[PDB]
Amino acid sequence: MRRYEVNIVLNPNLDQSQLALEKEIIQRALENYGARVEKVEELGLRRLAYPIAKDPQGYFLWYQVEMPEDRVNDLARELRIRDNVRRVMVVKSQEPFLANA
Amino acid sequence: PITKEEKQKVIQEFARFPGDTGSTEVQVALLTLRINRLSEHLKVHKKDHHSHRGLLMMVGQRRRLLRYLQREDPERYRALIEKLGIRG
Amino acid sequence: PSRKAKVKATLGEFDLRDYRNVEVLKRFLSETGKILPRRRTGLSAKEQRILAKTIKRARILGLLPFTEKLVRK
Amino acid sequence: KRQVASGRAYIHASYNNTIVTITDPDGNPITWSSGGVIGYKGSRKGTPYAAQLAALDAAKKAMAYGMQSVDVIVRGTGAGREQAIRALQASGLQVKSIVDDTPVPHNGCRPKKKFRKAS
RNA sequence: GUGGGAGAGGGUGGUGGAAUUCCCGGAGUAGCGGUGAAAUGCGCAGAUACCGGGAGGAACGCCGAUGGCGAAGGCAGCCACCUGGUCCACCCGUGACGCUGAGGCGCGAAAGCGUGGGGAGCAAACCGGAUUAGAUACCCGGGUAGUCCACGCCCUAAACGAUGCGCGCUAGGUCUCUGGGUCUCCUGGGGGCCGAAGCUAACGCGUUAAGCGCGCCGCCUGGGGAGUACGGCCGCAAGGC
Ligand SMILES: NC[C@@H]1O[C@H](O[C@H]2[C@@H](O)[C@H](O[C@@H]3[C@@H](O)[C@H](N)C[C@H](N)[C@H]3O[C@H]3O[C@H](CO)[C@@H](O)[C@H](O)[C@H]3N)O[C@@H]2CO)[C@H](N)[C@@H](O)[C@@H]1O
Ligand SMILES: NC[C@@H]1O[C@H](O[C@H]2[C@@H](O)[C@H](O[C@@H]3[C@@H](O)[C@H](N)C[C@H](N)[C@H]3O[C@H]3O[C@H](CO)[C@@H](O)[C@H](O)[C@H]3N)O[C@@H]2CO)[C@H](N)[C@@H](O)[C@@H]1O
Ligand SMILES: NC[C@@H]1O[C@H](O[C@H]2[C@@H](O)[C@H](O[C@@H]3[C@@H](O)[C@H](N)C[C@H](N)[C@H]3O[C@H]3O[C@H](CO)[C@@H](O)[C@H](O)[C@H]3N)O[C@@H]2CO)[C@H](N)[C@@H](O)[C@@H]1O
Ligand SMILES: NC[C@@H]1O[C@H](O[C@H]2[C@@H](O)[C@H](O[C@@H]3[C@@H](O)[C@H](N)C[C@H](N)[C@H]3O[C@H]3O[C@H](CO)[C@@H](O)[C@H](O)[C@H]3N)O[C@@H]2CO)[C@H](N)[C@@H](O)[C@@H]1O
Ligand SMILES: [Mg+2]
Ligand SMILES: [Mg+2]
Ligand SMILES: [Mg+2]
Ligand SMILES: [Mg+2]
Ligand SMILES: [Mg+2]
Ligand SMILES: [Mg+2]
Ligand SMILES: [Mg+2]
Ligand SMILES: [Mg+2]
Ligand SMILES: [Mg+2]
Ligand SMILES: [Mg+2]
Ligand SMILES: [Mg+2]
Ligand SMILES: [Mg+2]
Ligand SMILES: [Mg+2]
Ligand SMILES: [Mg+2]
Ligand SMILES: [Mg+2]
Ligand SMILES: [Mg+2]
Ligand SMILES: [Mg+2]
Ligand SMILES: [Mg+2]
Ligand SMILES: [Mg+2]
Ligand SMILES: [Mg+2]
Ligand SMILES: [Mg+2]
Ligand SMILES: [Mg+2]
Ligand SMILES: [Mg+2]
Ligand SMILES: [Mg+2]
Ligand SMILES: [Mg+2]
Ligand SMILES: [Mg+2]
Ligand SMILES: [Mg+2]
Ligand SMILES: [Mg+2]
Ligand SMILES: [Mg+2]
Ligand SMILES: [Mg+2]
Ligand SMILES: [Mg+2]
Ligand SMILES: [Mg+2]
Ligand SMILES: [Mg+2]
Ligand SMILES: [Mg+2]
Ligand SMILES: [Mg+2]
Ligand SMILES: [Mg+2]
Ligand SMILES: [Mg+2]
Ligand SMILES: [Mg+2]
Ligand SMILES: [Mg+2]
Ligand SMILES: [Mg+2]
Ligand SMILES: [Mg+2]
Ligand SMILES: [Mg+2]
Ligand SMILES: [Mg+2]
Ligand SMILES: [Mg+2]
Ligand SMILES: [Mg+2]
Ligand SMILES: [Mg+2]
Ligand SMILES: [Mg+2]
Ligand SMILES: [Mg+2]
Ligand SMILES: [Mg+2]
Ligand SMILES: [Mg+2]
Ligand SMILES: [Mg+2]
Ligand SMILES: [Mg+2]
Ligand SMILES: [Mg+2]
Ligand SMILES: [Mg+2]
């Protein structure tokens, strides 16, 4: 059981219901691939350096989770199934490494 | 892959006397473990050769150690084999 | 050339595994999209090497640009 | 017959020919020119001269649509990319900016032998 | 063993943007392309140039190096899983368990073969245009295998450090990657450079030996005939030993 970080960038265009629906499907996802959520950051609408899906912006979440490694990929596969989801990036959590310290 | 726990089991299992880390027994048991883990990896990924080199080297070390056991103590040897399900 | 500004003297302690931090990572891309050399970052061998990956993760998410058009010239 | 007056100028440069297309702010071409547009036939189309000419022509035809302001995109590395720039600069058109767009791959396709020893 | 470190080492799955080609749509008009110069070629069924959308294949710019990993061939976008080697500190455990290694088995760039698949760019053969005294070529326009994927063969090479493996002994200076410590410095593993002694036909090698030594394998014996003939063995073949 390892710590990862799940990055999800979805539609700038979602209103309250559609978005809290997406978030709901994400919860259900994580939960049914066996992930416990340690902390979360919803940074929301933010300004992309290049256009993704013809939209210049994206809605950013990040979730730091503990899950079984063996299912990690399938989880992402699931997260990606959704239409409104245009980026998924899962990382194995790494301890912060800082220059100038 | 192989947890500090899985390892601990196998060592505390095979140790002559408590705290015996590197006896011929133990080494042969860790090896067997690593080898079976690895050959299992290689029943899929039959295309991964560089690992399979690791495997041959590993079996070399194993056999080395055993023929040394057979040399010094035909007992500890025979017993450790049957317990470890080797000779093939 | 390149003895004028080293991006290491620019900020002090900063997380180099942080691929979400735009304005800091963004400090390492040239006028084009290009990831700057060790020269002008003045990073260390390993620092540089780590910058590479974290910046590519940033790129892939949409935070950092892949290539940018050159102004003037 | 749009009457554009604010627009884009694209200079495209070869060791073969230099070619200037002018569009509206939306990228849609109004008028253009090249080395062969003016009478040059052979290699001559790649001359800095030939380039100056194509520039000037393109701009003049563009005054006919009533253009004044233009932002300038440049692609290709060519002889006379810069004389075409310089040409347009005072064609009496006002150059509001210049950009180098010359497209570079991340190693997409094996170039022809002519371009190899690199990928 | 324990605890920490660096890495294009390997297998699988997913996946990102740049570029080319193709298709669709808009704007647009007389040429584009290509060369020493040109022609073949493409364009009025509207090409090049430009903007918008889509499809597909292949390869991963910058970082990137004087760098890292690997037994070797060789390995470079990013993510995850599986997995091999390796190094440092602790000096904890085994107690000579070591070295080399005929045969055997495994791997083994490229090209090449079989079954399918895929085929954007490139491109043997090939079809053209130029060039030339000719030009079965160098240049130009096309193009098939192939290059790509899976599975199975093929076993070759300037497969090169043209330098077999292991261990010990023999001044140093400097650059670098990467661990450790009482962190001006010290200490361990790797990549370079200059040099003591020494060696070498010379060039040059010199703690990454081509020096001084021991173990063990492979290999050499004037040039051509010849990597040929013959026999055997392997191979679907091409061919290999
Ligand atoms: N990351 C994928 C890798 O695929 C490798 O090989 C895979 C691919 O190369 C190959 O073909 C795939 C396939 O999806 C399909 N038939 C077409 C597709 N374009 C290919 O994927 C492609 O991806 C990149 C671009 O992203 C291409 O440059 C490359 O030719 C190809 N790998 O099929 C294989 C499996 O689908 C290895 N199995 C492994 O390294 C890894 O899984
Ligand atoms: N997985 C398919 C592979 O394709 C290969 O195709 C390779 C060859 O065509 C070519 O090799 C060239 C070489 O001429 C030259 N000596 C060095 C050069 N850097 C290489 O090129 C390569 O460089 C790097 C590789 O990381 C890439 O950035 C670049 O895209 C690639 N063209 O680049 C390709 C990328 O590997 C080989 N057949 C082999 O590696 C393997 O079969
Ligand atoms: N393989 C290259 C990459 O290495 C990074 O991490 C790798 C290395 O940093 C790390 O090295 C560890 C070492 O830290 C640790 N102290 C001991 C461990 N044995 C090592 O791992 C190594 O040896 C083991 C067998 O012992 C192998 O299973 C493994 O493949 C090998 N990396 O093992 C990781 C996996 O090999 C990347 N995060 C990972 O994605 C990727 O594997
Ligand atoms: N897009 C067109 C393509 O045409 C292809 O056409 C291919 C096949 O028709 C043909 O292969 C035939 C084989 O089908 C038949 N059973 C026996 C025959 N002796 C083979 O002959 C071939 O063998 C090799 C491949 O091993 C080919 O590369 C070569 O053209 C030919 N000697 O070789 C062609 C070249 O690849 C395939 N249908 C497929 O790749 C694709 O549809
Ligand atoms: Mg060993
Ligand atoms: Mg003996
Ligand atoms: Mg005895
Ligand atoms: Mg020309
Ligand atoms: Mg790797
Ligand atoms: Mg994934
Ligand atoms: Mg595209
Ligand atoms: Mg069209
Ligand atoms: Mg016509
Ligand atoms: Mg015609
Ligand atoms: Mg438009
Ligand atoms: Mg387009
Ligand atoms: Mg230098
Ligand atoms: Mg230097
Ligand atoms: Mg090496
Ligand atoms: Mg090599
Ligand atoms: Mg002791
Ligand atoms: Mg020790
Ligand atoms: Mg004792
Ligand atoms: Mg004895
Ligand atoms: Mg050996
Ligand atoms: Mg091979
Ligand atoms: Mg091949
Ligand atoms: Mg084939
Ligand atoms: Mg075809
Ligand atoms: Mg071609
Ligand atoms: Mg050709
Ligand atoms: Mg010809
Ligand atoms: Mg002729
Ligand atoms: Mg001839
Ligand atoms: Mg033709
Ligand atoms: Mg063989
Ligand atoms: Mg052989
Ligand atoms: Mg050397
Ligand atoms: Mg070497
Ligand atoms: Mg070496
Ligand atoms: Mg050798
Ligand atoms: Mg050894
Ligand atoms: Mg030194
Ligand atoms: Mg130096
Ligand atoms: Mg130097
Ligand atoms: Mg330190
Ligand atoms: Mg050294
Ligand atoms: Mg090396
Ligand atoms: Mg020297
Ligand atoms: Mg001397
Ligand atoms: Mg001398
Ligand atoms: Mg000698
Ligand atoms: Mg011989
Ligand atoms: Mg021989
Ligand atoms: Mg003779
Ligand atoms: Mg031969
Ligand atoms: Mg014979
Ligand atoms: Mg036969």
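Each chain gets a letter, A, B and so on, in the order the sequences are listed, and its residues count up from 1. Excerpt of entry shown; contacts counted in excerpt. In listed order, ligands and their atoms are each counted from 1.
- The drug seen at ligand 3 is recorded under the name paromomycin.
- In this complex, the main macromolecule engaging paromomycin (ligand 3), as named in the PDB entry, is 16S rRNA.
- At a heavy-atom cut-off of 4.0 Å, the other chains in contact with paromomycin (ligand 3) are listed as E.
- For chain A, the entry uses the name 30S ribosomal protein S6.
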